[PDB]
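Here is the structure we will look at, set down as structure tokens.
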Amino acid sequence: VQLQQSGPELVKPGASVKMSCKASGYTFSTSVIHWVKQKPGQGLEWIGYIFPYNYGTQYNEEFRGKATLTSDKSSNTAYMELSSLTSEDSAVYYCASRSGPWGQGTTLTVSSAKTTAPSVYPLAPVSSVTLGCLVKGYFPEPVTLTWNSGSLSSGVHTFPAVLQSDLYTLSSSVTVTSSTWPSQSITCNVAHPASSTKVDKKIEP
Amino acid sequence: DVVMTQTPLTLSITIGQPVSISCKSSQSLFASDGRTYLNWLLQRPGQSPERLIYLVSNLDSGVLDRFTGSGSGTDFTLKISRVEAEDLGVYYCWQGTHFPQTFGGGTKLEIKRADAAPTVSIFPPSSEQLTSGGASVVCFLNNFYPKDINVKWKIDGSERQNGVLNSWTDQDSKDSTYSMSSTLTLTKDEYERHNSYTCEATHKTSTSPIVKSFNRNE
Ligand SMILES: O=C(O)c1ccccc1-c1c2ccc(=O)cc-2oc2cc(O)ccc12
């Protein structure tokens with residue numbers, strides 16, 4: 001059994017958002033679903049829970065007028081609606097089953113700022129040869145990074161993004177043997193959901 | 001609200017040694033129905049939490065038998081008989097006896113390995129970035145141990161602190177090492193006015209810096 005959450009969202013302040021959490025046909029219709037908030041580099045905060053059959057809920061007093069927990073029995077889906085969104089609502093939100101599973105999380109960015117497409121640059125070097133990929137100037141978070149569509153994953157270090165100043169930037173390194181590159185092809189594959197961009201950049205000597 | 005105090009704040013342990021994490025509640029977790037609602041979660045780097053233990057001592061499915069949970073009332077304990085690299089992360093206790101439900105602050109578990117030196121790599125601005133009028137110089141300091149490291153950027157014999165954007169990874173389970181990335185952002189022009197670009201790494205493993213350089217005009 002596993003819980004699949006809805007994709008990331010960027011919403012303007014004052015507006016409202018609705019997230020989904022879906023499990024297999026069994027567990028959800030009998031188990032309690034909790035909702036938890038986690039701000040980057042911080043601990044966990046319980047928002048509330050919802051009961052299966054009876055549609056009964058319980059809220060943390062801090063979220064009384066912020067969150068609203070609902071469930072669709074027919075589709076095995078629990079929802080969380082957050083209202084009058086503030087920068088303080090920018091965080092990762094998880095759903096957690098009383099019977100064990102947790103969702104992957106849904107990232108929420110509360111910002112006035114505009115959706116920017118990322119600039120993708122191939123980092124060519126000047127036993128093993130290290131290659132790179134720079135992902136500069138994009139908004140909001142997150143982005144997805146793979147090497148050669150996925151056939152390269154072993155010797156890879158993907159780094160977290162940093163904020164400066166509108167606008168986020170992150171990098172990734174791939175260390176393969178001196179014989180592997182440039183005899184065989186190594187390409188970088190970046191994807192930003194918000195800007196609807198899918199970039200593929202070949203690392204060239 | 002029930003305050004959940006976790007001790008120690010951090011734990012650094014050698015592979016195969018025992019680990020003990022404490023969780024103390026401000027109120028008894030013994031409920032009106034005779035049950036005790038205390039859960040233990042592990043947050044792995046770049047992952048959502050996962051529950052290891054429920055109702056003081058029950059192990060979740062797939063949780064290795066080296067994990068043991070115990071306690072009663074206001075004092076709880078999570079134990080690892082002989083630690084493994086895949087056990088690293090932040091440990092959180094979760095109470096459900098009182099409302100609102102609350103979590104402990106966390107306990108960071110870092111794995112102890114033999115001190116490794118960073119593999120330094122330097123990258124000049126790509127041709128593409130230079131076309132678009134931008135200039136970023138990237139430097140990777142990969143697979144080192146311990147975590148404390150200093151990245152100094154030198155341009156033509158002088159230190160540069162402006163335009164520097166540093167980013168660290170959390171300890172990898174696969175080799176118990178830390179990695180880091182540094183970026184020096186300049187305008188194409190500032191970049192074109194300088195020639196020698198250095199990435200110095202100051203660590204414990206060597207005396208003294210691990211220097212990587214390139215000449216723009218080369
Ligand atoms: O799911 C919860 O509410 C919960 C939160 C923290 C700690 C334990 C629980 C928990 C329960 C809490 C209160 C209650 O009345 C019943 C609970 O039942 C559980 C059953 C589990 O299998 C596993 C866990 C629980």
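Sequence lines set the chain letters: A, B, ... in the order given, protein chains first and strands last, and positions in each chain run from 1. Numbering of ligands and ligand atoms starts at 1, following listing order.
In this structure, the drug modeled at ligand 1 is fluorescein. Of all chains here, the one making more contacts with fluorescein than any other appears in the PDB entry as Fab 43.1 Light Chain. With heavy atoms closer than 4.0 Å, the chains neighbouring fluorescein read A, B. Nearest to atom 10 (C) of fluorescein among the protein's heavy atoms is B/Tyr37 CD2, 3.8 Å. Per the entry, the organism of origin for chain B is Mus musculus.
Near B/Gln95, with a cut-off below 4.0 Å to any heavy atom, the atoms of fluorescein are 6 (C). In summary, the atoms of fluorescein found under 4.0 Å from a heavy atom of B/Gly96, numbered by their order in the structure, are 5 (C), 6 (C), 7 (C), 12 (C), 13 (C). Among A/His34, A/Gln58, A/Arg98, B/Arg35, the residue whose heavy atom lies nearest to atom 21 (C) of fluorescein is A/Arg98.
This PDB entry labels chain A with the name Fab 43.1 Heavy Chain. In terms of polar-atom proximity, B/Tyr54 is not counted as a contact of fluorescein, lacking any N or O under 3.5 Å from an N or O of the ligand.
For the pair B/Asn39 and fluorescein, a heavy-atom separation below 4.0 Å is found. Contacts of B/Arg51 with fluorescein, taken as heavy-atom pairs under 4.0 Å, involve the side chain alone. Measured on heavy atoms with a 4.0 Å cut-off, the binding site of fluorescein is A/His34, A/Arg98, B/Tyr37, B/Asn39, B/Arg51, B/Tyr54, B/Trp94, B/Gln95, B/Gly96, B/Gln101.
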